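The model presented next includes CGS-27023A.
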Amino acid sequence: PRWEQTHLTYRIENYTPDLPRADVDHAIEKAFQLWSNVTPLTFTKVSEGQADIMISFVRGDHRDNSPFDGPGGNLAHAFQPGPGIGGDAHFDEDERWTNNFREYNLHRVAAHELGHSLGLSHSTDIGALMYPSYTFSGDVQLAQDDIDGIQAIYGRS
Ligand SMILES: COc1ccc(S(=O)(=O)N(Cc2cccnc2)[C@@H](C(=O)NO)C(C)C)cc1
Ligand SMILES: [Ca+2]
Ligand SMILES: [Zn+2]
Ligand SMILES: [Zn+2]
């Protein structure tokens, strides 16, 4: 399935103590801009009511069929675009998140999780952010394969 609406809303359930909210909001807001900058889609944060995309951080087992197994395993995951828990996105909080080319990068994982909510499947292109495993690349930018793909679904800005 896909979102038939041209506008989407998202909301953060809570911010992790690892980093403040101003820094995390920037990372999450920046990712939406990268997708909106190449697509007529629009995003808006809501402080009340249900949001199309819910973002929250979890640890160890959190009432899910895919509990995290220590720092190894998946670093994050999300549910297919659907009602109820569908569209929700969980982030592994057992690892330390940073705001720069440090060990891990939150904005980068945020950009990938959003791609899954947009209905984008994984790709085999090295320059594609939708890399199957977690790999360190260079700058965070959308690849032509991702731009052509999302644009093909909706259209060009
Ligand atoms: C920067 O983009 C990334 C975001 C998350 C990850 S992830 O390690 O959590 N992971 C990839 C994975 C791990 C182990 C075995 N098979 C697959 C999920 C994935 O591909 N998420 O996008 C998947 C298993 C739920 C990796 C890269
Ligand atoms: Ca992990
Ligand atoms: Zn989870
Ligand atoms: Zn993925």
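Numbers in chain A come straight from the PDB entry, and the residues shown are 7-163, in order. Method reported for this entry: solution NMR. Numbering of ligands and ligand atoms starts at 1, following listing order.
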message: Just curious, which ligands or chains go with CGS-27023A?
response: ligand 1
message: What's the chief binding partner of CGS-27023A (ligand 1) here? Just the name from UniProt is fine.
response: 22 kDa interstitial collagenase
query: Which residues of chain A carry a UniProt Ca(2+)-binding annotation and have a heavy atom under 4.0 Å from CGS-27023A (ligand 1)?
result: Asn80
- request: Return the residue and heavy-atom distance (to 1 Å) for the UniProt active-site residue of chain A nearest to CGS-27023A (ligand 1).
  value: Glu119, 5 Å
Shared residues: UniProt Zn(2+) site in chain A vs. heavy atoms under 4.0 Å from CGS-27023A (ligand 1): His83, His118, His122, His128
Ligand and ion contacts of CGS-27023A (ligand 1) below 4.0 Å: ligand 4 (zinc ion)
- request: Name the residues that contact CGS-27023A (ligand 1) at heavy-atom distances below 4.0 Å.
  value: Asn80, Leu81, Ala82, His83, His118, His122, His128, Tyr137, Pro138, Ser139, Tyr140
